[PDB]
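Structure (with dactinomycin).
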2 protein chains.
Amino acid sequence: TXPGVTXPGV
Amino acid sequence: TXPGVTXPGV
DNA sequence: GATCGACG
DNA sequence: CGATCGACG
């Protein structure tokens, strides 16, 4: 996720 | 699929 | 991070 | 055609 907590996705 | 019956996938 | 989202 | 298809941070 994110960042943070990428995306998703990427 | 295949082709035939792409891949999967692509 | 959370049973992750977006190319024949 | 196919089949709850399968493989970039």
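Protein chains get the first letters and strands the later ones, always in sequence-line order, with residue 1 at the start of each. When the header is checked for method, it gives X-ray crystallography, 1.7 Å. FYI, non-standard residues read as parent or X, and their leftover atoms are not counted in contacts. Computation of the quantities below employed the complete heavy-atom set of this structure, encompassing side-chain atoms and omitting hydrogens, waters and symmetry-equivalent molecules.
- Including duplicates, the parts belonging to dactinomycin are chains A and B.
- Using a 4.5 Å cut-off on heavy atoms, the other chains next to dactinomycin (chain A) are C, D.
- The deposit gives chain A the name actinomycin D.
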